[PDB]
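Drug on board: cinacalcet.
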Amino acid sequence: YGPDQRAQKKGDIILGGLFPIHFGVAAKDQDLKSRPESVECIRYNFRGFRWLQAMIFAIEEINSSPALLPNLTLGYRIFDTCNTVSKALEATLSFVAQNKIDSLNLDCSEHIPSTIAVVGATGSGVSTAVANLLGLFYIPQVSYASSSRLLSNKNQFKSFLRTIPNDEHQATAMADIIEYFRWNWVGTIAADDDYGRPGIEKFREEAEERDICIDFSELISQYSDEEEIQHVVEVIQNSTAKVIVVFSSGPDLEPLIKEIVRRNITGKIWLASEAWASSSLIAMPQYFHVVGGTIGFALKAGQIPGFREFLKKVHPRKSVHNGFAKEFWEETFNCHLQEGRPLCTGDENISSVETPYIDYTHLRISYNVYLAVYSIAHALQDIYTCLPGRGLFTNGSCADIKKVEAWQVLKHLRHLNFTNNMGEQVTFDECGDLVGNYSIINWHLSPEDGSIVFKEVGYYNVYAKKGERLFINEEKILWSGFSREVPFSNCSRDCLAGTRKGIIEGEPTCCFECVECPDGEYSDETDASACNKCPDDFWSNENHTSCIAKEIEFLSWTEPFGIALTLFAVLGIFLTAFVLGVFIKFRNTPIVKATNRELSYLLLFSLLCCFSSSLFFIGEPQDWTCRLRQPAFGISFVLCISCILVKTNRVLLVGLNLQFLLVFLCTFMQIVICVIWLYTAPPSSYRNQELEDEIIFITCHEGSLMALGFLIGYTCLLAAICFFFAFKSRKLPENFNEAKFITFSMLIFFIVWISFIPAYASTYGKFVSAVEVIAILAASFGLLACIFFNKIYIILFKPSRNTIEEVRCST
Amino acid sequence: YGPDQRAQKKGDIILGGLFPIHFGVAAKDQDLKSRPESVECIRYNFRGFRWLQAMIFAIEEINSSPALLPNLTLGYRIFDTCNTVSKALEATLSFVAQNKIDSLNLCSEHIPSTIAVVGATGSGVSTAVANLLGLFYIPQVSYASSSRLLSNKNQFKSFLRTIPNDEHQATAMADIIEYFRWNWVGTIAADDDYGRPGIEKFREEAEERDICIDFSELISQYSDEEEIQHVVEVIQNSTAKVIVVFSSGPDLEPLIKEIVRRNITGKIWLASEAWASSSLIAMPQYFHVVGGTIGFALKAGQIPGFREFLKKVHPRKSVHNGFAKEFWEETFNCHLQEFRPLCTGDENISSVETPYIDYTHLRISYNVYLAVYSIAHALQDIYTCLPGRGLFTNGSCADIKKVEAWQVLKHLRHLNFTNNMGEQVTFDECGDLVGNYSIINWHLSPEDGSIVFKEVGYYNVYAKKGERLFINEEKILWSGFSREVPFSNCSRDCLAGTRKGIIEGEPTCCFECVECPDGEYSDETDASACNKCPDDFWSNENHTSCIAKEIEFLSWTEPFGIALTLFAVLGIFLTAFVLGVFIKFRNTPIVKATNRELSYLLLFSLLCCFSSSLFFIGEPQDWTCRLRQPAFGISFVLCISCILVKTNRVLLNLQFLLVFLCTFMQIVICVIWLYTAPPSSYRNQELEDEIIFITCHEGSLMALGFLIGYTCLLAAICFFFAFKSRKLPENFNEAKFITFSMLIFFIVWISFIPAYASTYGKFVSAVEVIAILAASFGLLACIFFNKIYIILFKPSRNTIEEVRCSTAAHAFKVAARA
Ligand SMILES: *[C@@H]1O[C@H](CO)[C@@H](O[C@@H]2O[C@H](CO)[C@@H](O)[C@H](O)[C@H]2NC(C)=O)[C@H](O)[C@H]1NC(C)=O
Ligand SMILES: *[C@@H]1O[C@H](CO)[C@@H](O[C@@H]2O[C@H](CO)[C@@H](O)[C@H](O)[C@H]2NC(C)=O)[C@H](O)[C@H]1NC(C)=O
Ligand SMILES: *[C@@H]1O[C@H](CO)[C@@H](O[C@@H]2O[C@H](CO)[C@@H](O)[C@H](O)[C@H]2NC(C)=O)[C@H](O)[C@H]1NC(C)=O
Ligand SMILES: C[C@@H](NCCCc1cccc(C(F)(F)F)c1)c1cccc2ccccc12
Ligand SMILES: C[C@@H](NCCCc1cccc(C(F)(F)F)c1)c1cccc2ccccc12
Ligand SMILES: N[C@@H](Cc1c[nH]c2ccccc12)C(=O)O
Ligand SMILES: N[C@@H](Cc1c[nH]c2ccccc12)C(=O)O
Ligand SMILES: *[C@@H]1O[C@H](CO)[C@@H](O)[C@H](O)[C@H]1NC(C)=O
Ligand SMILES: *[C@@H]1O[C@H](CO)[C@@H](O)[C@H](O)[C@H]1NC(C)=O
Ligand SMILES: *[C@@H]1O[C@H](CO)[C@@H](O)[C@H](O)[C@H]1NC(C)=O
Ligand SMILES: *[C@@H]1O[C@H](CO)[C@@H](O)[C@H](O)[C@H]1NC(C)=O
Ligand SMILES: *[C@@H]1O[C@H](CO)[C@@H](O)[C@H](O)[C@H]1NC(C)=O
Ligand SMILES: *[C@@H]1O[C@H](CO)[C@@H](O)[C@H](O)[C@H]1NC(C)=O
Ligand SMILES: *[C@@H]1O[C@H](CO)[C@@H](O)[C@H](O)[C@H]1NC(C)=O
Ligand SMILES: *[C@@H]1O[C@H](CO)[C@@H](O)[C@H](O)[C@H]1NC(C)=O
Ligand SMILES: *[C@@H]1O[C@H](CO)[C@@H](O)[C@H](O)[C@H]1NC(C)=O
Ligand SMILES: [Ca+2]
Ligand SMILES: [Ca+2]
Ligand SMILES: [Ca+2]
Ligand SMILES: [Ca+2]
């Protein structure tokens, strides 16, 4: 036979089942000093007993109806695995015992029944160990809870089927949930078995595609010792990540949760996989301050109508075929059953004690057990109603229901398609898998009772296009059980505008510093990895949020220095017009006729042009003022020097009038120099940007310096010749000491235009035009004063008629 | 009973063996009235047959020996697994058939008992065998399974191995990668219990050492076309040149064939131990892809009679080996009687080159040898146990006539023996050994063209962390032909004037280089932050190091300051000479006529005016700049007052009062200016970045205004009262010269107005100095240079009447009108 505690019943066709009635086995490390005994199972599991009852209720309901398998009863043989590979293998060796006597040729009870199909285990490692042995004899195994991706491999597992989705959609959904709430800094914890490792590897692969940085990654187990648990707890406690993604079940997560609760570590955001998101080992009222507000996945519910009334009929004396009912009665009512702790009577009421057996709201894994039994029954009904010539075997032949074999049932299970009680269609794919939606739940705290309440906050729709599968209603979520604000789980705070992301070495790419943008660059947005250089005509604001236009610099009108220069120029023009009016008003008087009368008019006109030529420097330096600011002053002032130079004594030793030829031939050189310079290479405007970054100047580009050198040197040469021929005869008393005044005027010229040299070599912006204008007006006021003011003071001032006569002029 | 072909011999105690005599099975499916028949194994493995011969040789050598297990013979039942789980479980069901009948109470009545099994090769196979053998506590010693998941003794109760596990090898891969300074790799692992935990341990160790991983893929022996195309696309879309592979030969052969048929060259392959010596991959047709591979190997051992036993195999004389017949058929390509030609029993096995006798080193064969001798020494410990000293309950001993499998497992846990090379064998608490690694490189034989595995280093697991690796870099050919180490970084290194910059969406190993701005620098290679060096320093034009900003001031050892100091010294040693020749000629006539005591005070004030020029040279400090300008102000107002007062005044000594008042009225100003807003030194850094200007901040400007203004006023009035007497001939026409001097003053302090406003804050001090040393000379000359001549070049002209009316003007003799 096999294990002695079982639920079995005879029939024409026998099914097999494997359920965890205990949570684990007793902790005993054997030292092998004596022959090893059988291990004992410890903690009773009411949920697994309900799953076993779901299988038995399905079998009895199928045998009741006359439409699903007429005149042919099903039987069963069900064992207990205790979530352990070894006990499951001791059961599976009894399943395959008749097949294996044939294959190993041992020929001896000869009344051993044969098992057609087995309802599978809950854990993936247990399912792999059972599947390796059931695939040898082609016995089909349908699992209700194993969801590892490794069991989709049909090269290794030839006869495995399941009614639960595999876990790739769940890890993708976890990555989508993390992307929805805009986190990037997470930690991961998985169980060290075939369920946790592929799930957490698939989560890691999906997480690096979405730029989510994982801080830590640790493995746990039910049989971890103490120092591994303090290593994992110290890894959790050292990290700044708040969101932790866990692939585990209840038994593998319980020691870690107990040690975290003992140290009272709060503030973490847990992401549960489906195995522990509804686990009564973890959803405890005294753990809540650690595990409140846990967000998890759940399967879709289903309706089994007469099931609760079947569940309330269990009894130790009336369940002859069920052998697990006795310990159920003992563990519910805390008594001892004395077959024929206080002593039981067998009369107690199941509703009086609250256990997970009938305290439930939805049926989720129990529905998978129900559907597995109906899948096997509709495969056998497909065999029963097969028509000759239309079968699934050679030449369209049909199997015999009276001598059916397991490989033919597996063949009909691969081509299976049927409608359940809820109206949906059930079909397995080529990998032997089934697909379904997910519900998304949150852990709350009951106000009526003080216990944990699972509230649905969203769904995950697996038939939708990628990136459109998640729905979450955020207004129904209490973070950490009580808070209404979404928590912060990034590595570092976001950089603002005006700054830039900087690397921290040895750390992942989600962790950065915020460095301010440099002097000439902005940053427009938040979380900028670079600073953008501002355009040529604009310079960055001090805030560095955005940049504004530069400041243009030029000496201008409507400026409190240019107004002063303009008023001085107008005063000079008014003075020259006054002197011209005085000379015209008395032109038959001897003082003006003793001087050359026809020649002073050109002198006064040249002084008028010299005053008016200084206005070209003031203002915005356009193109046609840079071309005429120097030649106008050059020509006008050389005309002035020539008109001075003719009227000196002893400089006319050698046409109709013979004094204007000297003036014409001395002005003609400046005229031709200006014409050839302005023809070969004219000056231009120039926007100067290389002196200061913040401001730009508007200046005049000269074009050449050879022609400007000639145009200054010729004027200095004429000034030197006139100064020589005036200083040589300075003692002559004629014309009211005129040669002395010519000497003083040329001296003032040379002092001003030597003393204004070092302004040019040092100043660079507005001040150059200022010192040019001040120099021009200073030189021309000096020349006008020194030539004419003594003559004016004699003509009309208080010595009016006394010193005006011709006999006084040369005395 | 069980599988049909087997190697089988009987004795007192029966062992068991699982070896991969084939490489795999053939493919089929589709139960369309196939009552499913047994599947066929396809490709013959000569290395696995050598491994099977090692076990038989060890058993026969023990049975010949009188020192180990006397009067007790060992036996064997050995099966073929074909590297698949299902054949191994078919054989293991035959191992445990007797213990099974005791359990389920379910016969042949002649089933022998197996007490130990020499284990499987693949970790996926050994896991499935160990799950069923641990039910009955039958020990299982494996020779090649190296997955870390088999170290878990809560699940695998009776598992031991004579090979080390793969934690050290996965750490050693990251050590080798960190040795050659690469940080940008890709990983490939098989999809089973050997590849996935090894590559996960490597990923953890690589992320600990700041090594970035670009891709990570999984392959299998049963991958279809599209998965291989996807992996090849992933490989040749990447710039990483180093690929780390955890796989065996059969799981890697399809991928290698697809890479070979495309010319994908230049990759650097890092081999794990299972495929670094595989004959399926190390072939001459693949050398342009897999040449230059660097891989791991175990330590070799000696079996001193194994080759002559290997050359003794015959199909008709090996009556206890059922696998010899297919060996003979597959070697000489013939058919044995009981189209390919007929065999004779007369061939020499030294002709055909197969992996059977063509090896250099025994590595896994030595592990099979040790796995047999471990079981033999545990049974020897059972046989030589003294009562009172046993490992069981009351110090009792096991019975050798009626031994049980759990008792052999108990002695296997407490084993410590010494092997044939004088080293100690013992298992730890997880049932493991530890051992060194050899590091090999793939080369090309110049004599034949086959692939040679050349040792280039070792990995020592008994050393401490960080000192376990020795690599001789001179012996490596890098793709089989190259002598330079490849480049396998994501991006190039940044230079001395640059820092790193983030590429958004890419890992930390992929960056940009951005130059440091003005004022910062960098000096190392990978900077990631520019540095601002401290105050009064500015960066170079290279942004490598920063140099010191130079300070700018009128210095003493600068030659311009030397020239100005020599003009000052000439001025003082001119006025001192004037003072000396005045003191010698006091009572002479043309000296007593100018109020001789005012001349001495005038020269004292003028010497102070010369000496006030030296306060403007040097680095400006607090005590110097506060006394720069008031010294010149007081000295010059004393000069102007002494020049002004010596013209004759009838009413309003009782004359010096004036010379008091006219200076006192400025002294007070100076006082107030130093007691409400004194000037100070000031470093002005904002004009030029690379130049530090040191100058003065002059406090309140208004005060200075006042100062200057007063001076000027008291000059002007003097000028006027000199000019009014300009045509009055007395004192060699003194008045005129006074006027001239005053004019000079004015001109010198007017024409220096633009330059003072031009270089202000940069080089104004020099300007000032020049102005002073022009004005002072003016005074001196124009006042007291005319008389000197008549003092000491024309004697007997210094008479009284000349002071009244002078015949010869001279005026220096006009310098003799040179
Ligand atoms: C935490 O980090 C994430 C990712 O780094 C930030 O989310 C990004 O925000 C910007 C601006 O709104 C979007 O353009 C990106 O698409 C977001 N990323 C994702 C993946 O959605 C998030 O803003 C950060 N949270 C806080 C509080 O700073
Ligand atoms: C593992 O490898 C190390 C490194 O070669 C071995 O240590 C050396 O052994 C040789 C030969 O006995 C000595 O000459 C050296 O001095 C040893 N040390 C070093 C640092 O090279 C070690 O013996 C090997 N272990 C085993 C068990 O073989
Ligand atoms: C590839 O990258 C690595 C690490 O980013 C560089 O290794 C550094 O090399 C320098 C000099 O060779 C050492 O000073 C550093 O200590 C190394 N860093 C580490 C972490 O080991 C390597 O130089 C790069 N290779 C090339 C060619 O640029
Ligand atoms: C208005 C005045 N401009 C002098 C520019 C000097 C300069 C500035 C920059 C570069 C150069 C250089 F190219 F010559 F070096 C020279 C000017 C104009 C015309 C005649 C003049 C005759 C006598 C005195 C002044 C004259
Ligand atoms: C040494 C000198 N320091 C300030 C010169 C300013 C200035 C620069 C250029 C021109 C002028 C002036 F024309 F206005 F004088 C003044 C100084 C100190 C104290 C008294 C002074 C009296 C007269 C002159 C200089 C005086
Ligand atoms: N999916 C889990 C089994 C499982 C699902 N739901 C559960 C609820 C309780 C316990 C286990 C489970 C596995 O693969 O092993
Ligand atoms: N270590 C491999 C087995 C192995 C080691 N060396 C080998 C050489 C050839 C083939 C297989 C192997 C495993 O765990 O599966
Ligand atoms: C965690 O932090 C503690 C204290 O800073 C430190 O000693 C320890 O090394 C860190 N890491 C782990 C794994 O405990
Ligand atoms: C645990 O933490 C909570 C905070 O939520 C605190 O109120 C309580 O006192 C703590 N208990 C212990 C035992 O530290
Ligand atoms: C299953 O049967 C229904 C009934 O019409 C059909 O619509 C559906 O396509 C079938 N499914 C498969 C996979 O054949
Ligand atoms: C999955 O969910 C969507 C909407 O949430 C629903 O329309 C669909 O029918 C669900 N799938 C199944 C199989 O019920
Ligand atoms: C820019 O700086 C000013 C300070 O004057 C501040 O008022 C303003 O808010 C800043 N602009 C921003 C932050 O956009
Ligand atoms: C590889 O690169 C090509 C071209 O760059 C691209 O079209 C293709 O999608 C890539 N494939 C993968 C698997 O990345
Ligand atoms: C593959 O590349 C090599 C160069 O390394 C070349 O010699 C060879 O011809 C290529 N293979 C084929 C089939 O062309
Ligand atoms: C094994 O035995 C030798 C002596 O026989 C001893 O030196 C050595 O320490 C032993 N090893 C262990 C692990 O006990
Ligand atoms: C440093 O600058 C000098 C000249 O300024 C140049 O010659 C030299 O090459 C630079 N050094 C570098 C670029 O490493
Ligand atoms: Ca029925
Ligand atoms: Ca790091
Ligand atoms: Ca012997
Ligand atoms: Ca990316």
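Lettering of chains proceeds alphabetically from A, tracking the sequence lines in order. By the numbers in the PDB entry, the shown part of chain A spans 20-126, 131-363, 392-705, 720-876. Here the PDB entry sets the residue numbers for chain B, with the shown residues being 20-125, 131-362, 391-704, 722-887 in order. Just follow the structure's listing: the first ligand is 1, and inside any ligand the first atom is 1.
The parts of the structure that belong to cinacalcet are ligands 4 and 5. Counting heavy-atom pairs under 4.5 Å, the chain with the most contacts to cinacalcet (ligand 5) is listed in the PDB entry as Extracellular calcium-sensing receptor.
Other chains near cinacalcet (ligand 5) (heavy atoms under 4.0 Å), by letter: B. Of the options B:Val836, B:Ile686, B:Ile777, B:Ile816, the smallest heavy-atom separation from atom 15 (F) of cinacalcet (ligand 5) is shown by B:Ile777. Under 4.0 Å from cinacalcet (ligand 5), heavy atoms of B:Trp818 appear from its side chain as well as its backbone. For cinacalcet (ligand 5), the atoms lying closer than 4.0 Å to a non-hydrogen atom of B:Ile822 are 9 (C), 10 (C). Result for chain B: of the UniProt spermine-binding residues, cinacalcet (ligand 5) comes within 4.0 Å (heavy atoms) of none. Among UniProt's transmembrane segments of chain B, counted from the N terminus, heavy-atom distances below 4.0 Å from cinacalcet (ligand 5) occur for 3, 5, 6, 7. By the criterion of a heavy-atom distance under 4.0 Å, neither the backbone nor the side chain of B:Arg680 is placed next to cinacalcet (ligand 5). Both criteria (UniProt L-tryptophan-binding in chain B; heavy atom under 4.0 Å from cinacalcet (ligand 5)) are met by no residue. Within the 4.0 Å heavy-atom shell around cinacalcet (ligand 5) one does not find B:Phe821. Binding site of cinacalcet (ligand 5), heavy atoms within 4.0 Å: B:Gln681, B:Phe684, B:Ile777, B:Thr780, B:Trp818, B:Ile822, B:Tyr825, B:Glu837.
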